[PDB]
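What follows is one structure encoded as structure tokens, with my remarks underneath.
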Amino acid sequence: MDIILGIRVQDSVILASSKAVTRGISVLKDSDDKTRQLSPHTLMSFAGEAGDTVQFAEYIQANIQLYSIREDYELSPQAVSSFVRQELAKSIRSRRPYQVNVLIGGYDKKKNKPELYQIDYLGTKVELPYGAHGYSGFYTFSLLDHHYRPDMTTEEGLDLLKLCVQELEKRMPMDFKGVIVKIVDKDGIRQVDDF
Amino acid sequence: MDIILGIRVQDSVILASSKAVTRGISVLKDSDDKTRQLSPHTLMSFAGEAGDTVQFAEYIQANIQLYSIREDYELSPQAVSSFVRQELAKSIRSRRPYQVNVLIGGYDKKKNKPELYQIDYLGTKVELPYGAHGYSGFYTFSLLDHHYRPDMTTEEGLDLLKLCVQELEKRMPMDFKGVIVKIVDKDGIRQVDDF
Amino acid sequence: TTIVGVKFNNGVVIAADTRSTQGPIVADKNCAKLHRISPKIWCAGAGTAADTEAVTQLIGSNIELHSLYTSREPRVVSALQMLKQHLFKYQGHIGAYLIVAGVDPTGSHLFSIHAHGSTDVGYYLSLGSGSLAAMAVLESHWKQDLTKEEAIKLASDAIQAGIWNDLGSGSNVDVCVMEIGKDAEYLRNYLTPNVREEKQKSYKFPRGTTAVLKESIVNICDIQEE
Amino acid sequence: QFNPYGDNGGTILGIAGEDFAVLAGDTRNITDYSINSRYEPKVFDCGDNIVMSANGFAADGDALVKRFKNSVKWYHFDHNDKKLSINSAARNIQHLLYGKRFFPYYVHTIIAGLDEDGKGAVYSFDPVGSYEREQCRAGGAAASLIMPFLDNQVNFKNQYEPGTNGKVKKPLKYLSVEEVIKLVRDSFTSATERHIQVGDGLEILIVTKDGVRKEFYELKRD
Amino acid sequence: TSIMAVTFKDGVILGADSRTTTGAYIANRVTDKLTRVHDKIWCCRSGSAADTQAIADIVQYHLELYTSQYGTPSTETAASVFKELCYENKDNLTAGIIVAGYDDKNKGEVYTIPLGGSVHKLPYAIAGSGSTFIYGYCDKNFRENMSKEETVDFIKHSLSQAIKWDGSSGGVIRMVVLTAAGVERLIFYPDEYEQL
Amino acid sequence: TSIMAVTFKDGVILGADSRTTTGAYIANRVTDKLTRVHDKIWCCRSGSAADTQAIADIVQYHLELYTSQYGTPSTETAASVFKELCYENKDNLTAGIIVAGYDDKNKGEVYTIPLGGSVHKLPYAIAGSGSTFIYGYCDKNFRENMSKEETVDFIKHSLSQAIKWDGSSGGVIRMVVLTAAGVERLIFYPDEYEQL
Amino acid sequence: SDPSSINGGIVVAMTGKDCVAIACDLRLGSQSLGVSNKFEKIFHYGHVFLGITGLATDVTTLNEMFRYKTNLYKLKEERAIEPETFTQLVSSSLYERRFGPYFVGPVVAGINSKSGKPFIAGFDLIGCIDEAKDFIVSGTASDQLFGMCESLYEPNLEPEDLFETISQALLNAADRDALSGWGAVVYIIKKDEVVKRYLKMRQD
Amino acid sequence: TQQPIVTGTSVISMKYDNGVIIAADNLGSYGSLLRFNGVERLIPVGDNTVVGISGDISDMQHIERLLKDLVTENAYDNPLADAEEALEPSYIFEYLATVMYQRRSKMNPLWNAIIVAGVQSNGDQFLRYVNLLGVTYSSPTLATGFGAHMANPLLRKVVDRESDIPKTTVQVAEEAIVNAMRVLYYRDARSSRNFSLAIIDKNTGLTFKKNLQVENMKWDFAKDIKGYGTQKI
Amino acid sequence: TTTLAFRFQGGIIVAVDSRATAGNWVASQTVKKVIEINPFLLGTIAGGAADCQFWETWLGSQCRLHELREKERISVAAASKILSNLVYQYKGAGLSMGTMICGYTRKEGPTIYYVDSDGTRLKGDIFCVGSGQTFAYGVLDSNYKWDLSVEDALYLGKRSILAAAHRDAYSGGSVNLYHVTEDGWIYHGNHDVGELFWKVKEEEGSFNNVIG
Ligand SMILES: *[B]([O])([O])[C]([C][C]([C])[C])[N]C(=O)[C]([C]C1=[C][C]=[C][C]=[C]1)[N]C(=O)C1=[C]N=[C][C]=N1
Ligand SMILES: *[B]([O])([O])[C]([C][C]([C])[C])[N]C(=O)[C]([C]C1=[C][C]=[C][C]=[C]1)[N]C(=O)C1=[C]N=[C][C]=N1
Ligand SMILES: *[B]([O])([O])[C]([C][C]([C])[C])[N]C(=O)[C]([C]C1=[C][C]=[C][C]=[C]1)[N]C(=O)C1=[C]N=[C][C]=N1
Ligand SMILES: *[B]([O])([O])[C]([C][C]([C])[C])[N]C(=O)[C]([C]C1=[C][C]=[C][C]=[C]1)[N]C(=O)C1=[C]N=[C][C]=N1
Ligand SMILES: [Cl-]
Ligand SMILES: [Cl-]
Ligand SMILES: [Mg+2]
Ligand SMILES: [Mg+2]
Ligand SMILES: [Mg+2]
Ligand SMILES: [Mg+2]
Ligand SMILES: [Mg+2]
């Protein structure tokens, strides 16, 4: 799929992901949610080749949910991101690699800090204040370099995110049919229904 | 460029052409007029490879304007379309062919009839009640097959055209940034500034 | 790379230059191309550096275990056979081109090995990108019944021809002499005809020239008591 | 298939002083892993106090230099023995290079001399004619080794003044001819160590108001 | 490479040049292409040096193990072991081998094994890049039941011409004589065979 | 194709097989590859039939026009006209031609012109795909100043072997004798030359 | 396409008088796009330091692999691994992936705890050991680094002088490479103290 | 664009105290076939220049005709054709170098490597190389093809730099050339035993030696070489 | 390369970077990517260095010939169309050019034309061209208004190049600023990114990601 964004503010992580699903010359769907809840305080968005994206996301989801039941404990975002990275690093030298890029946004309940991880299909992990995959970063990183300040509120983060989406809607050729925005904080994961 | 449409109604010809100009990953412009007035009652829209489109359109424009001055007379749309076809048919076997598709909408003052001609880069001419170039026809021809009637008014033609643009905006992947609509009738050529 | 091997009266000598290259860049100026398979069996290697090192270590390891198993000093033909069969199996993909030499209870021996697994016997041999320059010297100056002193001279001269005329070879000349009834003497940097001249200027900077943002002590020690 | 291009290696270096200019180049000429010549001159006096070198494919290099020398000759004939200024020479060379835009001279060209105010000047070219005046430029095979050293030791890049810690830069004091020749010699000695196509000899042409002087130094022959 | 094996009254003689080439560079000018797989069963090698060596080493192993169990193998048996290796691995091998041996019962025999892996029993055989230039000469000059001296001259003259015209062939002319008397090695230098 | 020209005491003799092939199909089994560019200047043709015919036709035209202006041309002159065409059009031609002629002053001469377009004056020459197999034989059996009968036998035996081994060569052996006496055509059929 | 120049980056190491220095840039990118300016390429296992350039996923993977192996080494041997021994372990580990290699350019640096002798080493992607006396370079600006080191370097430099030399070598080499820069780190290593310095450099 | 068909291998040469020496074998190869055994690849121009040519023989013969025609053209309206206005090595070379570079620039090269050896009017030694690409260079020793790889190393041991030229006699220089030709016969698979050698001296003039042979070869040690490793018989 | 130009109340702002690369090798940090065609016409350059220099230098010669013949300065439209018609002749041959022809005339007012080696010719208010164009667009579009002061517009152009210089690997070196008005263009200095970045970071409070 196309555009996935992430931004870590003072007390939360905000992920924005496009709703369009295009196969060929037709937009088959305009309300697609390109994300899966891995645990109550950890969310993963994804983009890449058709089929691989969902198959990988759900596979990761199942593994984290299994860990949660076994230990009766939620893994830290750092731990989940490392697990995800290893799966992709394993995958890249397989017969048929997973062609999937992901953002992992989570709130660490131990350290009381929001955390955003950017991982590509090769298994390249980086922790960032803001991140993007595909052609999205070519427009959005310059905006975020200017406006982002680390001590921002969640409302300020959403405004800064609106400014990113507006730029994408202006300058990108593909109609990505808007974005679904989700916030990850101490209280868990929730969806902003109006954006 | 991307999408160009044409529809011939009772007493006029309506041409609609996208405003977007995309080079690579950026939309450089969102107000581009993809048409040239060949004569007071003849309008040509165009789409194809960058550079070739404008170069060809202006070359045709210059030739028709030259004819108009020499004879103090306006050529019929049929005559202009045949001239245009021959230029493209000549072009296709050149060293470097013009990679341009066109629609020619004109009002014949002699017969008091609107006329729409669709010509591709190979020099393939057809007279039609409604026409399109590129991927546009794959969506719009089915709508027009259903709704079009040959005795429609200009206002009914614009409504039917809005229904085409809405479908394109819904199902096509590329954001073509709306269309510039122009009407060709007995009184000449005018632009619909609100669409 | 220029590597040579020369037989003489009571043994055999091998030699090599010390240049390693990645494209037109010199990766290592003082590379060690003479490898020890066993105490009195040494071989010079050309081609892919990791391959010559790895294939020598592996066979050298198995030769040592074989020597302990049989209670005998290892033979050059054993190293030759083990090397060629290994290289043949990998169909030339292991880019090791070797000049194998040594002394053993059967006598003194000199062989070459190519990456595809073919072996050759000779009184004088040369391999590598500078082998043509070296072989020109060998073909001009070699004779039967060479002494130890004459063979070392001929071998090092052949390497020098490679050093000066071949861009793939350079720097220093390494030698290893393997004489019958004696310890093998490994002469690392036997010749050093390419010492860099004194620089015109010292580029020692004044302290504080570089701009610094942060400083910190790194904890290398273990977790501490108390 | 016939390949009309080749690579003869070598490396060249131009440095502009306050009232002088130097153009240096090694004397080695190669193909693949063989040496053709240990002394094949590469930097040429082209008249009118201009020195030139076209490094890369030697056949194209010789052709270009030959054609520029010719251009200087006809400039005198056509314009009453007027001296061809370094800026005018540079523009002329652009047209020589771009003239073969679709079958290029496969060379990196550098010229050196004095501008019309008497100050040292170095101009640098790409194969298809793009050019730019610079205080400092290395060209050819070992250009990637030498240029960073020159950014540091000629333009004082990434250098600051002690005590201030990154606040005050090192002042851009001018360099004498004796100081420049030291940097040239060390540049080539360093390049010779790590680049196989560089060595044998170093030939430096120094340009002043008095004329064109030459200096030669030995380099490692391995 | 110019190689040949010729049967005659007292047995069989193998012959070969001594040149190994990497393109136009002569990697070895004194190569021994006549190699022993058993006491009185030898072979001439052409094509890839690595492939033919690996094959010959495997055959020698098989015939050594054959001898320990079933006694001395026939020349036909040796040719069959060569064939099995060349045929079954035809996709990965470049080996043109002539097998020649002496029994007391069967006397001198020659088997040629070209690239495909087929076997051909012949009175005499020629192979290698240089053989092309002496098909005419060898066909006209070969006779059955020649003497030792005649057969040596036939091989010497034949390989001399093959060497003269083929760039891939050269050096010395090595020969190996196989008779009831035993095994004799012969060598002939450029000054001798070029003036013929 | 197997072609050759041989100088001897009384002049020169050209020789050739008669096979033309499209792959493995013999398009013509009785081809005449010995063709006339002047009264006593002939040529042997190998390679492309179309190319060598077009060349030979042009040469015959040039020498006919030469004769009208400057009298009888030399064999060297004929070879030069062949060369000029073969060299300047080397990219578009596949022609291996042997030029042979008889003057009274120069006697028998032979010039060979391979693919490149180079010229080589020789005592005798061989060419075509089948020539490879008789380099050995021809080198060993050729002598200078042979008789007519000896030269005919030399060519007959040589081309017989070339035909025997080369699939692209076959049919009858055509020959053309060039002497002061005149021009004589000879032919030799399979039943005659195969049993040699 | 070329794995060794997708992410970009550089590492350099130098020897001094009773000390060693290892330095790296901080850039991680996707070809032209700069992604991260905090991607450190130097790691350490006990007193042995390892710098790794090349494909970033393999940089991370190998760090995790050598942490794994040096921890097991320490438990069994009951002592920290030394630079000479670690160098062999890196070579072994890389060569076992001979025909499916990690696309990396490792660099080892450290001081032998027993002998006190300074040690540096470099490797190609399949394990070949380059044990230099003076300096080691690696990454997308290796040509540039070779030129800087070969001119600036002199033997037996004091720790505080050595810092200036290696820093200027890295900075000026990085500034002539599009895929290197975006910050830099320098480790100064002595027998029983290690100082880490972040350098101020141009951010383009 | 073409491919070379009939080809000539190495041409080797060097300077000595009073002149220059050049040599090349008499073979015209047709791929791996050693087709033509009597080809002269050293072509003298006047009594002061010898042009040695390797590569495509058909192109060599073309160049041979160009030089022959150059002598004819120089004699036209030139009373000093055999004196002050005679053809110099430098004139002959520059002409060839012009042609070679022009032909490569039309993508239709003369597929050759050429060495022009001679002595100038003022007694100076001339030795310069040019090939199909129009690349030119001069050196105390010059060689083409395999000669570059095997001959130059041997010849450079005699004359390593410019200052070694006055110290090198004609006997020492000729000895080195003849030895180099032997080494090439040992190791070049497209060479022949028969060769030609030319000396151009400022005192004794042009000495052209034909029908030379490689002699004093070492082959006896071949008898002791058996098998490829383990074989004893 | 990152180059931009935008129309506003006080005329036109033109801003460019200074970097030139050959693969990953940084060939130059001091390249002049604004070409002074005449006292009222500017040309930006992106893509092939030689193509751009040669033909925009050539363009100046054609514009000078126009005003000699017509006793009147060339229009921005006519100047841009001379270049676009020229490159169109060479279409397919492999020229690599992306330019903005920026200038002011009485009849047109402040005008910008984007011209490209594919033959594209577009009039517009805002353009960003080059490998780092997307980064420049991000800053420019979010802060652009018609009613900007000369001082604020200049900073926005400077800041937009800085943004691209930071993120785009093939952009950097320094920023050249120009301001085109009724009375011609005005140069506003070379600004080294190595000093400008830290200055902007501190004062603006931006680039909080980076450590300084
Ligand atoms: B010599 O040139 O053959 C030399 C001998 C080697 C065994 C020490 N070989 C090399 O230096 C090779 C050349 C080469 C380059 C590329 C692919 C294969 C071979 N160099 C290396 O193996 C090498 C290159 N960079 C770092 C380490 N090793
Ligand atoms: B002969 O030319 O066929 C010869 C026989 C070999 C057993 C010594 N073969 C070679 O010389 C081959 C190449 C070749 C040439 C001509 C025809 C077929 C094959 N050479 C090698 O195998 C070789 C060369 N250099 C190093 C190692 N091996
Ligand atoms: B001979 O085989 O070279 C022969 C000589 C020709 C002049 C009669 N040539 C051919 O038979 C050629 C093909 C060929 C075969 C072998 C080597 C080179 C060329 N055949 C033709 O030209 C031909 C075949 N069929 C129809 C027309 N022409
Ligand atoms: B810019 O990146 O387009 C820049 C502008 C040019 C006028 C200096 N171009 C270049 O740096 C190009 C490479 C390139 C990079 C990115 C996109 C397109 C092109 N370099 C050159 O033209 C060049 C010229 N001479 C020497 C080195 N590089
Ligand atoms: Cl062998
Ligand atoms: Cl025919
Ligand atoms: Mg149509
Ligand atoms: Mg060397
Ligand atoms: Mg037949
Ligand atoms: Mg940048
Ligand atoms: Mg124009």
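Lettering follows sequence order; numbering is per chain, from 1. Heads up: this isn't the whole entry, just a piece of it, and contacts are only counted within that piece. Indexing begins at 1, ligand by ligand and atom by atom, following the structure's order. Scope of the values below: all heavy atoms of this structure, side chains included, with no hydrogens, waters or symmetry mates.
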(message) Quick one: what's the drug at ligand 2 called?
(response) bortezomib (bound form)
(message) Mind checking which chain bortezomib (bound form, ligand 2) touches most? I'd like its name from the PDB entry.
(response) Proteasome subunit beta type-1
(request) Enumerate the other chains with heavy atoms less than 4.0 Å from bortezomib (bound form, ligand 2). (result) C, E
(request) Answer side chain, backbone, both or neither: which part of E:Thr21 comes under 4.0 Å from bortezomib (bound form, ligand 2), heavy atoms only. (result) both
(request) Would you mind telling me if bortezomib (bound form, ligand 2) is within reach of the side chain of E:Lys33, the backbone, both or neither, using heavy atoms under 4.0 Å? (result) side chain
(message) Show me which atoms of bortezomib (bound form, ligand 2) lie under 4.0 Å from any heavy atom of E:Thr52.
(response) 7 (C)
(request) Identify the molecule name that the entry assigns to chain C. (result) Proteasome subunit beta type-2
(message) My understanding is that we take every heavy atom of each candidate and find the minimum distance to atom 12 (C) of bortezomib (bound form, ligand 2). Doing that for E:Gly47, E:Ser48, C:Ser118, E:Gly170, which one comes out nearest?
(response) E:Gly47
(message) Is it the case that bortezomib (bound form, ligand 2) has an N or O less than 3.5 angstrom from some N or O of E:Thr31?
(response) no
(message) If we count only non-hydrogen protein atoms and require a distance under 4.0 Å, does atom 17 (C) of bortezomib (bound form, ligand 2) qualify as touching the protein?
(response) no
(request) Would you kindly specify which portion of E:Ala49 sits under 4.0 Å from bortezomib (bound form, ligand 2), judged on non-hydrogen atoms: side chain, backbone, both or neither? (result) both
(message) Show the atoms of bortezomib (bound form, ligand 2) that are less than 4.0 angstrom away from any heavy atom in E:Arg45.
(response) 7 (C)
